[PDB]
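Below, a PDB structure including narlaprevir (bound form).
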Amino acid sequence: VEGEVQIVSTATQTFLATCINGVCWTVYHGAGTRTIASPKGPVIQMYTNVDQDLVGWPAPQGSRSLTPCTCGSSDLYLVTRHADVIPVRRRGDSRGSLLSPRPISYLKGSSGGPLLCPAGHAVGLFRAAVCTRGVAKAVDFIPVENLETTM
Amino acid sequence: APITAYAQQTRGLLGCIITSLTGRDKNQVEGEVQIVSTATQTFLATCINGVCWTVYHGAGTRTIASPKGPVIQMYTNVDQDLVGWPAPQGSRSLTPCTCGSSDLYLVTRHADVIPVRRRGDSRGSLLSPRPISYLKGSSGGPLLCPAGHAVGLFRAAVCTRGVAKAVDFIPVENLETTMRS
Amino acid sequence: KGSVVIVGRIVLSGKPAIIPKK
Amino acid sequence: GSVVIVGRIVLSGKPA
Ligand SMILES: *[C@](O)(C(=O)NC1CC1)[C@H](CCCC)NC(=O)[C@@H]1[C@@H]2[C@H](CN1C(=O)[C@@H](NC(=O)NC1(CS(=O)(=O)C(C)(C)C)CCCCC1)C(C)(C)C)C2(C)C
Ligand SMILES: [Zn+2]
Ligand SMILES: [Zn+2]
């Protein structure tokens, strides 16, 4: 079995990475310009974009790529590091509101994860939770266009 | 919840041929859509409300191999291009769509779900045209609404120059009519 | 004429899962 | 430092 989402860690933290179009994408604020581990040694980033908080390495072993969205749906679904699916209503090019707010803890360690459309296709990469007093009611994300554009 | 799917091959060429002649399949069944094979072609069969449905142009009037030997078709409609056998023990059924959505999702033989926009009672357009070779083997497969309920069964591709821009399907309504006849 | 044979299956009821280690 | 993969998620829930 192959996975589209990799649960990754640095010495500092843990977050997610998502494979889209043969590239393993994640958040620059998690990975930085760090290299990714492999049985043959570290492999450097193929793409680094501090501006968009985006970095990508060649897709690792045991992974499969996600297909970008082409249906423009606004009914998104965020997948957490615990494999929880959270329905998100898209509010803007890179913003969406949780249909049911969750404490920040519930979304911790999930940045880099995917935001899927009703077809399970990649709409964006979870960039950061937008919360009010410890309650995430919305999220910031990197649209696939940026990824497709960066490539 | 987003529509995701996965495929698993349960048997090979020779086992398929033996089972075809024998008509006795002792394999365990799981899933809503079965990957089906005659001696000439492989396509899909979708279980909806307890009945395993597929395309007549694929199954013809054949029986389906089961652990109790071959099972005769429950329904046959050369005009609607449908055939149906009792859903195999182990399968899970989809239920008809009741929300009238026009945003549909076709599940292919390779377990990919592609979006299609309903442009008629039996037609929808691919938002992202693909070569027909991709759609090869998907006849009888399901067209789902955003909620995951059955809207129709993939019938034929509307292609030109080898690329499919639209699809032709048998809406779930024809199913009720076939059962009623 | 032969019987139609099930040679595989496509599962729609699966939900995101962490691939277990072995 | 290097980013290491500590686990994987399969969106379809494929057991296989
Ligand atoms: C399905 O039976 C299957 O997968 N089984 C085979 C692979 C083992 C198969 C799906 C393949 C689509 C790529 N469907 C068919 O074989 C059906 C049956 C016959 C012809 N086709 C079919 O898909 C045709 N398409 C077709 O006939 N389309 C139209 C006409 S058209 O495409 O607009 C044109 C006039 C030829 C340009 C008629 C039907 C309604 C849609 C338009 C192709 C094999 C050419 C893709 C059935 C009975 C429809
Ligand atoms: Zn989409
Ligand atoms: Zn519906």
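Chain letters follow the order of the sequence lines: the first is A, the second B, and so on. The PDB entry numbering applies to chain A: residues 29-179, in that order. Note that chain B carries the PDB entry numbering, so the residues on display, from first to last, are 1-181. Numbering of chain C is taken from the PDB entry, so the residues present carry the numbers 20-41, in order. Since chain D takes its numbers from the PDB entry, the residues it shows come out as 21-36. Basis for what follows: all heavy atoms, side chains included, without hydrogens, waters or symmetry-related copies. According to its header, the structure was obtained by X-ray crystallography, 2.2 Å. Ligands are counted one by one from 1 in listed order, and the atoms in each one are counted from 1 as well.
Counting every copy, the structure places narlaprevir (bound form) at ligand 1. Of the chains near narlaprevir (bound form), the one making the most contacts is recorded in the PDB entry as Genome polyprotein. The other chains with any non-hydrogen atom less than 4.0 Å from narlaprevir (bound form) are B. In this deposit, the organism assigned to chain B is Hepatitis C virus subtype 1a. Within the 4.0 angstrom cut-off, atom 6 (C) of narlaprevir (bound form) has one or more protein heavy-atom neighbours. Counting only heavy atoms, the protein never gets under 4.0 Å from atom 19 (C) of narlaprevir (bound form).
For B:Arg109, no heavy-atom contact with narlaprevir (bound form) is shorter than 4.0 Å.
Structurally, the covalent attachment point of narlaprevir (bound form) is B:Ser139 OG. Using a 4.0 Å cut-off to heavy atoms of B:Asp168, the atoms of narlaprevir (bound form) that qualify are 40 (C), 41 (C). By the criterion of a heavy-atom distance under 4.0 Å, neither the backbone nor the side chain of B:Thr160 is placed next to narlaprevir (bound form).
Of the listed residues (B:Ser139, B:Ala157, B:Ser122), the one carrying the non-hydrogen atom nearest atom 29 (C) of narlaprevir (bound form) is B:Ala157. Around atom 32 (O) of narlaprevir (bound form), the closest heavy atom drawn from B:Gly162, B:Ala164, B:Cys159 belongs to B:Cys159. The contact residues of narlaprevir (bound form), taking heavy atoms under 4.0 Å, are given as B:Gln41, B:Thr42, B:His57, B:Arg123, B:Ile132, B:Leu135, B:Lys136, B:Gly137, B:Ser138, B:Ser139, B:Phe154, B:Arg155, B:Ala156, B:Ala157, B:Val158, B:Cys159, B:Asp168.
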